[PDB]
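Structure follows of 1-deoxygalactonojirimycin associated with Myogenesis-regulating glycosidase.
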Amino acid sequence: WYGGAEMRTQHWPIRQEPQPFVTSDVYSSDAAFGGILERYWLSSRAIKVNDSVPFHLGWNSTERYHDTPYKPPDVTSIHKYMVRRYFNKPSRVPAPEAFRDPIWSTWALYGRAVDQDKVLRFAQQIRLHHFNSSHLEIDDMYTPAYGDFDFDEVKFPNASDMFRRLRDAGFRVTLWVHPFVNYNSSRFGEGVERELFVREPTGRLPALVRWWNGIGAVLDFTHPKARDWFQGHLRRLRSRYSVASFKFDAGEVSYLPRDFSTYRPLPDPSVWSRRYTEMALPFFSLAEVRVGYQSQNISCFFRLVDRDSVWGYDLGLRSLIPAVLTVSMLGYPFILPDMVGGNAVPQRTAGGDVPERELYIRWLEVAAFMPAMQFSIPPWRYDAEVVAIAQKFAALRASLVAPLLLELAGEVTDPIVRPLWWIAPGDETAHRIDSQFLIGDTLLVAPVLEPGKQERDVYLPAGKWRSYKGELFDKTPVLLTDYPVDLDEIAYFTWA
Amino acid sequence: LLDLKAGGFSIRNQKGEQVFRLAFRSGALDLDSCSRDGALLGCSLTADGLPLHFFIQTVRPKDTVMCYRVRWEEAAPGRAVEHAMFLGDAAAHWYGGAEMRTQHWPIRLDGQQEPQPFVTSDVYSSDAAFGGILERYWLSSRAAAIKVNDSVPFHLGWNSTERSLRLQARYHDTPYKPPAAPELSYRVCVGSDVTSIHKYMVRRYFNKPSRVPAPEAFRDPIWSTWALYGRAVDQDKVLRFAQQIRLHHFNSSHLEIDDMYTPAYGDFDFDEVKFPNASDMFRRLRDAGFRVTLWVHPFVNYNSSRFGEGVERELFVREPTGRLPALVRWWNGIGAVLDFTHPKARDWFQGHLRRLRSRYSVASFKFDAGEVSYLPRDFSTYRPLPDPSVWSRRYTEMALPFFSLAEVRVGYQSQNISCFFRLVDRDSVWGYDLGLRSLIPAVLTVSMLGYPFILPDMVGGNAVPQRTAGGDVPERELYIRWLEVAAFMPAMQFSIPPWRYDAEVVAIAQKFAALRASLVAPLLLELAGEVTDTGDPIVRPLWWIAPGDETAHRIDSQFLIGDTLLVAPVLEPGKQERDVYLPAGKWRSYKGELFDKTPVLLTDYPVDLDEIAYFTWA
Ligand SMILES: *[C@@H]1O[C@H](CO[C@@H]2O[C@@H](C)[C@@H](O)[C@@H](O)[C@@H]2O)[C@@H](O[C@@H]2O[C@H](CO)[C@@H](O)[C@H](O)[C@H]2NC(C)=O)[C@H](O)[C@H]1NC(C)=O
Ligand SMILES: *[C@@H]1O[C@H](CO)[C@@H](O[C@@H]2O[C@H](CO)[C@@H](O)[C@H](O)[C@H]2NC(C)=O)[C@H](O)[C@H]1NC(C)=O
Ligand SMILES: *[C@@H]1O[C@H](CO)[C@@H](O[C@@H]2O[C@H](CO)[C@@H](O)[C@H](O)[C@H]2NC(C)=O)[C@H](O)[C@H]1NC(C)=O
Ligand SMILES: *[C@@H]1O[C@H](CO)[C@@H](O)[C@H](O)[C@H]1NC(C)=O
Ligand SMILES: *[C@@H]1O[C@H](CO)[C@@H](O)[C@H](O)[C@H]1NC(C)=O
Ligand SMILES: *[C@@H]1O[C@H](CO)[C@@H](O)[C@H](O)[C@H]1NC(C)=O
Ligand SMILES: *[C@@H]1O[C@H](CO)[C@@H](O)[C@H](O)[C@H]1NC(C)=O
Ligand SMILES: *[C@@H]1O[C@H](CO)[C@@H](O)[C@H](O)[C@H]1NC(C)=O
Ligand SMILES: OC[C@H]1NC[C@H](O)[C@@H](O)[C@H]1O
Ligand SMILES: OC[C@H]1NC[C@H](O)[C@@H](O)[C@H]1O
């Protein structure tokens, strides 16, 4: 079975007392449901839970309105029927360069301590190592307090000159934003007085929340005034600095209080997540969100919740294909699998400071074949061979992958990243495979996802496949055993 | 002496009068389930066949007092318990309960009220809610009294058609949490006379203050900036006020600087714009012989420099999950409220009070708010409060280190806190709706509940627009008549001063200050010292010395100071006389007239604008 929710430990196929099926931050929890989910499950043997339901999901591996935020008021053919019936499609395609050039993020590289000096040094190193850039994403924290939209003049003494130097060096820029106003923000009082925040149950006062950056209120995206207000500050940041778009962080209702009031009543709390994702709409072309609750027709990128610099299915390298396939199934084609190499969080890093070298390389390779590719910890943090491998995969993405992604993106208005069973719906091996995927119907990808491996088994389904080296495999289906894939290579095959 | 039927019970006294009558209103007993073992009558199910823990236990604590312990405890959640207590015929008068907005003596409750939580509320704007000072205690002129048990999730309503109080236990739609199944339980006691049974009940249930406030608080006028200047108080205005107090030759217990002297609500430091040299102001006030108290409150607004400090040190009342501060609205805006159950929040509050005394030799503090009507519906505290109003108690405890010149405006078992208790803001009107005619009822009500050191708010009221007979300030006759009755109360507080009017008003105030100093103050100090022993109030109703006298039971325009000084102020406009009731015994007027043909109603007894009628026991 396939579908349901993005999870912390993501298996494909899918593989707990029923808890609310609501948008949560699953970074620290293997119980909760991730920021992107639909009440939709698909079987390899060829269900849509009704939107009305105060829906709670549990599970029992042995056989395979109270205490809740809910208030009362062949396999390919059937999947395509269900997708067409229930999921709206994006009507627009993001910027073409987002499907070709690497995105560069300050977050994993610098953390909160990002600076004017560090942004410009990052951009210079991107140019010196001869990489294109879709855009540069300035993350947490570039403001004096969480809720202020203006740049902190201590860390950014001449924002204008930074943006001018970045523009002159051919860099598009996106800015990190979020739905919170902390109590020590210069905008908190403004928000209390204009009644822009999510309220306690009686609906008279703001309700305080805790998120990873502290304590404040959360904007009510059901309130026209709160939306106009949020949008106004985004438009001011574009006007002042020619910023292209925004990374929309949080959006999960796990950051809203248990019981809460909104301008419009939300019998389904997760519709708050939807209303937040709608803030991406005016800047969709280079926007990203990390939640999706009927957010499919928002034509921006959808980011997997923070990946850890580990190998395993627990937000690591082996989670990428399951997570991307899961999200693709739910009608979100424009997927960004977070950061190449992961976020390098201490105690959650195979390595110490940064991901071990082999992990960075293997990740880079699989990320080069995904709809959008984002570096933070850059190739030149390692050595010249890693830079060269990244240059090779940038070139290969530009010439082979990007043109195919752009065609499939235009077509969507089906997913872009497809499971093997998409073209082989009757094939039980294709049903189980988690280490391979398709881009459209014609490009099959088999990355190495383990350390100390210069080969792997590659399953080819029925029909004819041409390897990158030009080998024609037409005695299919077949398992190619110990197929050579050196550290600096990926196995891919084209339809023929 | 108790008749138990399926639908309620009645109690008689030894003379065979019905002194208590109560209807069961959430069910009936199945009497066949009842049995008597000696003094205990227990019943095990209702007339619908639902299981019940019901008993009446008779207790004879003294030769002259019969009590009845009553429990009605339902089997499970879902089932609110209601008993309707009938007040009875027109000869039965009742006293106690709560300070209310419209305060009558004896108790009169108009219209219909579904039982609402018996919790400390701000009744300035509401004739429904229960005021800042209340006890679950009602007293009858027929010498019966009821104390509702402290355990009860107690809700009080009333029904004027049958003249009943609606006593209710419930756990749905209420700030009451069960201690970590509804139960209505109470004791009814019967005595020989209303004074005897009241003194039995007071001695059993109410703690006494162990200390007396500063002697001068019982003699000299208190001067408040609030009604005179409002929020816009400043350094110039405080010193000008103090100079005028001295020039018009008035003593001062202390000067009370009210709202607002800080840059934000939650900051303890003085605002340097309005008070450019606080130190020099306090030095000039000290040199001119002025003790000073400062207005404080339990709130920290979101734009206070101390708000972040309070979030981080977790000093505030939390939302139900107990993780984050809960925001509240009060009349000065939006912030958090300090958790006075938290040792750290108390140390913190106290620290800032001690710093204000150390820095400025401030004497004490006026502790504003304290009502749980300013706490959120559902809320968490460091120690759990199954009874939310215990928060009010915990707040009043902040007065303890500075009791001598402290005032609070709430009391929830706060009796043994030996500070003054202020009536909630009086309006500059004549009527029972927080006006002149409310003073005697409100003071008598609070005195009955074990709070002897009463401050009846501000002479002339607070002069709020839309709520002032006069316009800008109270009409002249109202100010004078109020001044006169306030001169006979345990503490007297001016804000709008006599010289706002004319020289005749100043002279009247000087006369009443002199009369308070020489006649009233010496008697107040003796009775205040006596409370600590007797538990008896300072301001007493006429029936205190005349418990069998039905006229004394009904009088709301007269009161006693102790047993020996009877006071009859004029409480109406255009009157230079009033009827004065003297109970049995001998009474000597201020002019020396001996009345010994008593009881008597003295009709059209002369009391000019600048006079009060008083009589001494002879
Ligand atoms: C006005 O106050 C004076 C002075 O009060 C005395 O000193 C104060 C600092 C304080 O400690 C008071 O408690 C003192 O009594 C009053 O004059 C005194 O009156 C009392 C009795 O009330 C008498 O025993 C004292 O001997 C007097 N002391 C002096 C210095 O004269 C005066 O009574 C007050 N006037 C009014 C109208 O209250
Ligand atoms: C207030 O008390 C009155 C008097 O007991 C109630 O009115 C009576 O209600 C009963 C209900 O069964 C009627 O059968 C009586 O005949 C009524 N008599 C009169 C004169 O009204 C009234 O219901 C109570 N009000 C509330 C709000 O509970
Ligand atoms: C002052 O009055 C308070 C309020 O009644 C007393 O507090 C109670 O004391 C008992 C026994 O110490 C405790 O078990 C209760 O929990 C207290 N109640 C509350 C609400 O705090 C206090 O004991 C009195 N102190 C003195 C010295 O009389
Ligand atoms: C701002 O608020 C956060 C919590 O919301 C707190 O940790 C931090 O100390 C505050 N910063 C300042 C400048 O006060
Ligand atoms: C960089 O961008 C240019 C301009 O659009 C494009 O022709 C080229 O393919 C890109 N370079 C790489 C390495 O993909
Ligand atoms: C009153 O409450 C006490 C203490 O909770 C309880 O034990 C007692 O028995 C109650 N009295 C009645 C008459 O129910
Ligand atoms: C706090 O908010 C109130 C209400 O708007 C405002 O009048 C006051 O000046 C504010 N105080 C500070 C110091 O921010
Ligand atoms: C207040 O007055 C005294 C005496 O004039 C002076 O020495 C002190 O520094 C002044 N302080 C301020 C706050 O102006
Ligand atoms: O605090 C920054 C951090 N927050 C969580 C996001 O998922 C990350 O990409 C990054 O924006
Ligand atoms: O804001 C101050 C105001 N608040 C309510 C009090 O009861 C008044 O005396 C006065 O202190």
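Chain IDs: alphabetical, in sequence-line order. Quick note: numbers on chain A are straight from the PDB entry, i.e. 185-199, 204-234, 237-254, 262-270, 288-627, 631-713, in order. By the numbers in the PDB entry, the shown part of chain B spans 92-271, 276-713. Scope of the values below: all heavy atoms of this structure, side chains included, with no hydrogens, waters or symmetry mates. Whatever order the structure lists ligands and atoms in, that order sets their numbers, starting from 1.
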Exercise for review: Point out each ligand or chain corresponding to 1-deoxygalactonojirimycin.
Suggested key: ligands 9 and 10
Check your understanding: If a contact means heavy atoms under 4.0 Å apart, which other chains contact 1-deoxygalactonojirimycin (ligand 10)?
Key -> B
Review point. What residues, by chain and number, sit within 4.0 Å of 1-deoxygalactonojirimycin (ligand 10) when only non-hydrogen atoms are counted?
Key: B/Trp321, B/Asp353, B/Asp354, B/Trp390, B/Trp426, B/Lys461, B/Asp463, B/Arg504, B/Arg517, B/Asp520, B/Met553
Check your understanding: Who's the nearest protein heavy-atom neighbour of atom 7 (O) of 1-deoxygalactonojirimycin (ligand 10), and how far?
Key -> B/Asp520 OD1, 2.3 Å
Practice item. May I ask you to identify the nearest protein heavy atom to atom 2 (C) of 1-deoxygalactonojirimycin (ligand 10), giving residue, atom name and distance to one decimal place in Å? Key: B/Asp353 OD1, 3.1 Å
Point to revise | Atoms in 1-deoxygalactonojirimycin (ligand 10) flagged as close to B/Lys461, the criterion being non-hydrogen separation under 4.0 Å | key: 8 (C), 9 (O), 10 (C), 11 (O)
Review point. Quick one: which 1-deoxygalactonojirimycin (ligand 10) atoms are inside 4.0 Å of a heavy atom on B/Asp354?
Key: 1 (O), 2 (C)
Practice item. Measure heavy-atom distances from 1-deoxygalactonojirimycin (ligand 10) to each UniProt active-site residue of chain B and report the closest residue with its distance to 1 Å. Key: B/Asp463, 3 Å
Review point. What residue and heavy atom of the protein are closest to atom 4 (N) of 1-deoxygalactonojirimycin (ligand 10), and at what distance?
Key: B/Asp463 OD2, 2.6 Å
